[PDB]
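Okay, so here's the structure we're looking at.
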Protein chains: 2
Amino acid sequence: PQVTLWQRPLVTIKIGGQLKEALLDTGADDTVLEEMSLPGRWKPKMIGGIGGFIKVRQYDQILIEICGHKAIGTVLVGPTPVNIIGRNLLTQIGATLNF
Amino acid sequence: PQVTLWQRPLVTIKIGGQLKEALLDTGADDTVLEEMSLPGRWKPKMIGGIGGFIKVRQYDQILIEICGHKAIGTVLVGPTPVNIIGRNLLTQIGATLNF
Ligand SMILES: Nc1cccc(CN2C(=O)N(Cc3cccc(N)c3)[C@H](Cc3ccccc3)[C@H](O)[C@@H](O)[C@H]2Cc2ccccc2)c1
């Protein structure tokens with residue numbers, strides 16, 4: 001669908017039997033989910049953000065269902081304020097920005 | 001234009017008489033630009049992301065051109081590594097995000 005940006009673009013995701021809401025984020029290279037039980041199998045990783053690095057864990061090959069859209073990639077879970085879908089997954093959903 | 005998200009969506013702004021590139025970022029509600037020479041007065045403000053919070057200076061009523069499209073709005077300037085165009089300008093140049 002077409003999201004305007006008057007309001008944060010949120011979407012519902014399903015992920016490991018859990019239902020969440022997450023920001024569709026084009027500046028984020030990586031999807032970051034706040035803490036969750038994902039079964040695995042993860043390595044650690046640190047990403048940077050605005051003013052600081054966080055230690056996050058990398059799960060790979062995780063089915064996410066974002067709107068009616070199944071996709072699979074890496075998600076990182078970690079102590080984020082807000083769950084964020086970045087461009088590793090936005091490219092699978094076929095997201096576009098238009099201006 | 002339409003940009004797909006296979007790489008970072010970066011566009012040139014002209015601001016303050018200066019040319020820069022900035023990220024177009026749907027997930028940011030404010031624009032945050034690395035440290036630069038902008039005139040005016042400004043107020044202290046603190047903003048948070050991943051990692052935590054930065055204090056930026058806030059300037060208001062600033063002319064940005066982002067591709068060939070002018071915008072006036074609040075620009076926060078401060079320590080960030082990436083200059084971000086966030087929803088407040090993005091709304092004005094009419095970006096939409098579609099999938
Ligand atoms: N790799 C990666 C994955 C996930 C998140 C980030 C880090 N980000 C942020 O810190 N943000 C704070 C940010 C950035 C700009 C403006 C504001 N208002 C906030 C928000 C995400 C966010 C966090 C918390 C609350 C709301 C949103 C922004 O929407 C994201 O695009 C990037 C912007 C960015 C900063 C530094 C380096 C690269 C990219 C990076």
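First the proteins, then the strands, lettered A, B, ... as listed; each starts at 1. Values below: all heavy atoms of this structure, side chains included; hydrogens, waters and symmetry mates excluded. All ligand and atom numbering here is 1-based and tracks the order in the structure.
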Check your understanding: Which of the following drugs is at ligand 1: BMS-791325, DMP-450, R-argatroban?
Key -> DMP-450
Review point. In this entry, what is the main binding partner of DMP-450, named as in the PDB entry?
Key: HIV-1 protease
Exercise for review: Show which other chains sit less than 4.0 Å from DMP-450, counting heavy atoms only.
Suggested key: A, B
Review point. Which residues from other chains neighbour DMP-450 at a non-hydrogen distance under 4.0 Å?
Key: A:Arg8, A:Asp25, A:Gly27, A:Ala28, A:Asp29, A:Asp30, A:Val32, A:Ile47, A:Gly48, A:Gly49, A:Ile50, A:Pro81, A:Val82, A:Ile84, B:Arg8, B:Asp25, B:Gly27, B:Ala28, B:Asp29, B:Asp30, B:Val32, B:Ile47, B:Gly48, B:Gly49, B:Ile50, B:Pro81, B:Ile84
Check your understanding: Of the protein's non-hydrogen atoms, which lies at the shortest distance from atom 24 (C) of DMP-450, and what is that distance?
Key -> A:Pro81 CG, 3.5 Å
Review point. Does A:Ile47, backbone or side chain, put an N or O under 3.5 Å from an N or O of DMP-450?
Key: no
Practice item. With heavy atoms of A:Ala28 as the reference, note each atom of DMP-450 found under 4.0 Å away. Key: 3 (C), 4 (C), 31 (O)
Practice item. Could you list which atoms of DMP-450 come closer than 4.0 Å to a heavy atom of A:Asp25? Key: 21 (C), 28 (C), 29 (O), 30 (C), 31 (O)
Review point. Should you measure from each heavy atom of B:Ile84, which atoms of DMP-450 turn up under 4.0 Å away?
Key: 14 (C), 15 (C)
Practice item. Can you sort out which atoms of DMP-450 are near B:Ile50, meaning under 4.0 Å from one of its heavy atoms? Key: 10 (O), 23 (C)
**Study point:** Close N or O approach (A:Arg8, DMP-450; < 3.5 Å)
**Key:** no
Practice item. For atom 25 (C) of DMP-450, grab the closest protein heavy atom and report residue, atom and distance to one decimal in Å. Key: A:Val82 CG1, 3.6 Å
Review point. Which DMP-450 atoms are under 4.0 Å away from a heavy-atom of B:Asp29?
Key: 18 (N)
Check your understanding: DMP-450 and B:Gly27, any nitrogen or oxygen pair closer than 3.5 angstrom?
Key -> yes
Review point. What's the shortest distance from atom 1 (N) of DMP-450 to any protein heavy atom, and which residue and atom give it?
Key: A:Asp30 OD2, 3.0 Å
**Study point:** Sub-4.0 Å atoms of DMP-450 with respect to non-hydrogen atoms of A:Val32
**Key:** 3 (C), 4 (C)
